[PDB]
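Notes follow the structure.
Reminder, nothing fancy here: chain letters follow the sequence lines and each chain counts from 1. As a basis for the values below, the full set of heavy atoms in this structure was taken, side chains included, without hydrogen atoms, waters or symmetry mates.
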Amino acid sequence: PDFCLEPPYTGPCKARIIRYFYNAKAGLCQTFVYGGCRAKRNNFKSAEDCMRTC
Amino acid sequence: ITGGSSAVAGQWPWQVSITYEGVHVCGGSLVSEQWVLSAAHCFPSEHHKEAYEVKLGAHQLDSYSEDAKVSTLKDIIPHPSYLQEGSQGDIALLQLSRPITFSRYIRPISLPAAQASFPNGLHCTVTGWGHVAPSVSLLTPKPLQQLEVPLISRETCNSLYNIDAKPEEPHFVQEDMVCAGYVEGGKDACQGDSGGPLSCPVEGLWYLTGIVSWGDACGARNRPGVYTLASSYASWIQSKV
């Protein structure tokens with residue numbers, strides 16, 4: 001896994017783009033709002049892209 | 001829009017909503033019968049043009065408005081400077097599939113010429129349907145929100161950003177940008193307001209001074225929002241009128 005431990009990072013830009021991140025405490029793939037730039041690695045376009053990676 | 005207030009219906013006729021797969025992601029500003037200014041990052045390459053729609057004359061985002069045209073997009077041109085930056089050139093032109101008809105509720109804003117400067121501390125209005133706070137949604141039926149914010153020079157704005165700056169999270173205000181907001185925060189644009197107009201009145205007349213772009217948080221102290229300068233791109237935008 002790895003970076004799967006970082007919290008979701010919205011980043012500086014102010015768009016409302018919906019993305020998935022792994023909530024490692026929850027054991028769950030969760031939706032967050034991504035801003036459109038400087039995305040970290042715990043940030044997936046899809047729920048399964050997520051569970052798959054972690 | 002964090003710390004604002006609800007606009008009256010029809011008070012910002014140039015404001016548009018941008019939906020990808022029917023979800024609002026960005027604001028935009030209408031500039032002619034068929035064109036819209038917004039922000040490059042509201043349009044990642046992974047998305048499909050066919051799945052972008054645009055709502056106009058839209059006051060309450062979650063309400064059937066009588067006169068609120070909707071259009072698909074014929075074209076999307078992010079500024080040439082963008083796909084190789086993520087640091088500058090954060091603007092795009094959206095060509096509507098068909099020119100639309102202006103009404104009391106749908107009307108473009110005027111662009112500032114390339115050699116146009118707005119005094120600092122000038123009070124301007126930003127407008128959006130963004131979060132009303134850090135990851136807190138605007139409440140249905142999502143009335144367009146507005147907010148007066150003073151313009152801040154980019155030199156002063158860089159002073160502010162350096163306060164408690166995290167070495168790993170650099171924020172710099174480039175030449176194509178401008179800041180607007182309050183240093184004690186609480187007032188600022190938030191997620192979902194990108195592409196939105198920063199409208200500045202100059203002599204009873206509204207100019208599109210900036211396009212809502214980025215900011216550290218929203219309502220953060222010493223972190224006023226940064227907007228893409230319209231004037232810095234007048235040359236380019238005029239290249240399609």
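The drug placed at chain A in this model is aprotinin. Lab note: main contact partner of aprotinin (name per UniProt) = Prostasin heavy chain. Most of the residues of chain B within contact distance of aprotinin belong to the UniProt domain Peptidase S1.
As stated in the entry, the source of chain B is Homo sapiens. Result for chain B and aprotinin: the nearest UniProt active-site residue and heavy-atom distance (1 Å) are B/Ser194, 3 Å.
The shell of residues around aprotinin (heavy atoms under 4.5 Å) is B/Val23, B/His24, B/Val25, B/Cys26, B/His41, B/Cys42, B/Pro44, B/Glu46, B/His131, B/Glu169, B/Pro170, B/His171, B/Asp188, B/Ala189, B/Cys190, B/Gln191, B/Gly192, B/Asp193, B/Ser194, B/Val212, B/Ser213, B/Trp214, B/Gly215, B/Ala217, B/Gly225. The heavy-atom interface of aprotinin with chain B at 4.5 Å consists of A/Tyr9, A/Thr10, A/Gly11, A/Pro12, A/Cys13, A/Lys14, A/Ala15, A/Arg16, A/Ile17, A/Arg19, A/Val33, A/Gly35, A/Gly36, A/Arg38, A/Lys45.
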